[PDB]
Structures are given as C-alpha cells and as structure tokens.
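Numbering, chain A: per the PDB entry, residues 229-548, 551-581 in sequence. Both backbone and side-chain heavy atoms feed into the values below; hydrogens, waters and symmetry mates do not. Whatever order the structure lists them in is the order used to number ligands and atoms, beginning at 1. Header says: X-ray crystallography, 2.8 Å.
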Amino acid sequence: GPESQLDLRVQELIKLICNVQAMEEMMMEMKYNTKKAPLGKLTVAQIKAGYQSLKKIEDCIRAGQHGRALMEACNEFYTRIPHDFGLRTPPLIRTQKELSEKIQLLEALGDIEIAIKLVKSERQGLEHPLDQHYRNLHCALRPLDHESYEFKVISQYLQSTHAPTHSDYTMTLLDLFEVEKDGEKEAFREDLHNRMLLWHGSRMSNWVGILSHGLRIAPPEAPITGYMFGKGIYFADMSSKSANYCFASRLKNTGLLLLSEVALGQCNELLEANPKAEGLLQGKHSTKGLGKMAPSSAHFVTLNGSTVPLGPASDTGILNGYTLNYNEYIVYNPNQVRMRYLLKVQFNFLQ
Ligand SMILES: C[C@]12CCCN1CC1=NNC(=O)c3cc(F)cc4[nH]c2c1c34
C-alpha cells in the first residue's frame, strides 16, 4: 500500500477538499435533492440548463410576469435542479437575493462536478490517492513557516479586518499555504497599478475547482441580475465578509480563505449596486463598491509587491437606501488575479 509522499499539512488539506461525503451533506443543507439528482451524475450541461432557467425567470421578472409564466419558469428550473422541500410546493424565485442563492447553488454544483471528475481520475494502486488528487489539481500548495513574515502579516490581516457586524464568531489561522496555479504568473497584469492582496471565501465543496480552474467569471447563460456588480470576480478587504461565504458551522468549523493579488488599476467607485457596472468602466479597470467602513491607508504594508490593507478599519462616512457596510472589488478579466495564499481557518463560534 503506497504511503503518502506529501507534507502532512497538505495531506490534511486534500482530505478536506476531496471529501465527497461532506459535499453531499452540504448540498442537502442547501435543499438540493441528491436522491433525485446524485452528485456523481452531475453534468456541465445540466448546470448550464439551470442557469438558463434562472435567466428565463429574470425575463419574467423584467416583464412583470408574476403569474403562470413565473411559476412555469421556476418549475422548469426546479425540474433541472431538483430540490427537497418536503411535501411543500417549491418557493418561487423573484428577488435578487433569491436569484443569488440559486446562482451560489449552481456555482457549488459546478465545482463539485470538477471534484468528482478529479477523485474519479485516480488510478488506484499507483500511489496514495491524496498525492494523485494533488497532482491532478495542477496547483502548487507550499506550506509556510508560522514565524515567516508572510504568516505574521496574514495573521494580522485576518484579525485586524474582522468586521464588527460579523460578531457571531472569531477566526484562528490554523495553517498557511503558498499557492501557484499554472499559468497565473504568465497571464497576470504586472503593469496595472494598485495591486492589492484581497480575500475571497467559498464553501468547502468548491476548493478543488477553485484551485484547479482558478476563480472564474460567471457563464454567459447566467442572468446578470444575480451579480450586484456584474459578471466579474469579487474580492473583499475585510476578512469576515469573505469568510461568511465559507458558510462554516459549529460542527464544521474548519474553512478555507484565499488571498489573491488583484490588479485593480484605476477603480470605478460606485455607491450602490448595479449589475451592469462593467459597461460603466470607461477605460477604468475595476469596480469598487464603496463601503461605509474600510481599512485606512495608515496601516497598510507591502508583502511581495502587493499592498496588504491591514486593519483596524475606520468609517468612511459613505451614506448614499441600503448602502454597503464594507467594500467590494470586482475585476472582469482573470488576468488581473493571481492566487497566492490559502488559509486554513478555525471558526470560533460565540453562541
Ligand atoms: C455573492 C457573490 C457574488 C459573486 C460570487 N458570489 C460568491 C462570493 N464568494 N466570496 C467572496 O469572498 C466575496 C467577497 C465579496 F467582497 C463580495 C462577494 N460577492 C460574492 C462573493 C463575494
């Protein structure tokens, strides 16, 4: 029986992100019907059909259709993406937050299809499965020293930018990995100014796909009204805002946080949401949803050519009527993103 040749730290990481049984438990909590559509029978085409159904719902909403048209549009979606609501009728989809909820379900399902394809790509016996899964990611994950300057700034970044409204939990940095996805260095825009180290969170089910395919842009079939600032890659400067998207629980209190170098260039700053913000760029390179509270430049430091927006965060007075509490950074080409650090985090829930 071939033993693992990977670092014990990387071994634990792959086990976490390749746990298909944990993936089935997560999708059921999202009301997805795994009995009716098993995860091992997921296909790219089925997920794309779900996106197009949501786009059809957005067409009903734009046309003011809240009757049979909307019900039949939602029925088609729930038939392609089956849910488990008991004996109840499936809820209708209408609002942006309800659209986004389904978009996030589809994004998890898409990355889950990548994960099953990967674990099924194991040639059993050849070597330990963990080493096989790791190589098939085609993404380097190098564990770093806890007395390294990297670990010091990133631990500071994690604690200093924890938002006061997200007071239901704290976060303990368990481990830190340097990330090198094949090709990101060669496509990155080292020319663009305002290179910043920004957070991004996601459910545990999505990290095989993220580390295998990079942060991606929403597909053309998706309705644009589900993305507050358009079909781009979203980042935060407040760790807890991204860490909320890990969707950790008291029993599943381990999550992953990604730090990436983002070439924002000149930002197009918006006071409120607009799903069509990409057309408002006008030679600018990124959209910045202005938040009321943000880190101040008086605490910033540099870590390997990028600016770390360390806390403590102060208020900006932004009060345009739901304004953003905290910032949001959106780039619309993946060549502005380079994944760099992966954080294994313990969530400390405060009851
Ligand atoms: C709901 C949404 C819209 C596009 C993908 N979705 C998932 C997401 N995941 N993760 C983050 O760390 C994040 C950080 C932000 F500052 C804003 C964000 N908006 C999103 C995310 C997000």
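- The drug or candidate drug modeled at ligand 1 is pamiparib.
- The main partner of pamiparib (ligand 1) in this structure, judged by heavy-atom pairs under 4.5 Å and named as in UniProt, is Poly [ADP-ribose] polymerase 2.
- Source organism of chain A in the entry: Homo sapiens.
- Of the residues of chain A touching pamiparib (ligand 1), most belong to the UniProt domain PARP catalytic.
- Closest UniProt active-site residue of chain A to pamiparib (ligand 1) (heavy-atom distance, 1 Å): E558, 3 Å.
- Measured by heavy atoms, pamiparib (ligand 1) lies under 4.0 Å from these UniProt NAD(+)-binding residues of chain A: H428, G429, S470.
- Binding site of pamiparib (ligand 1) at 4.0 Å (heavy atoms): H428, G429, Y462, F463, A464, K469, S470, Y473, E558.
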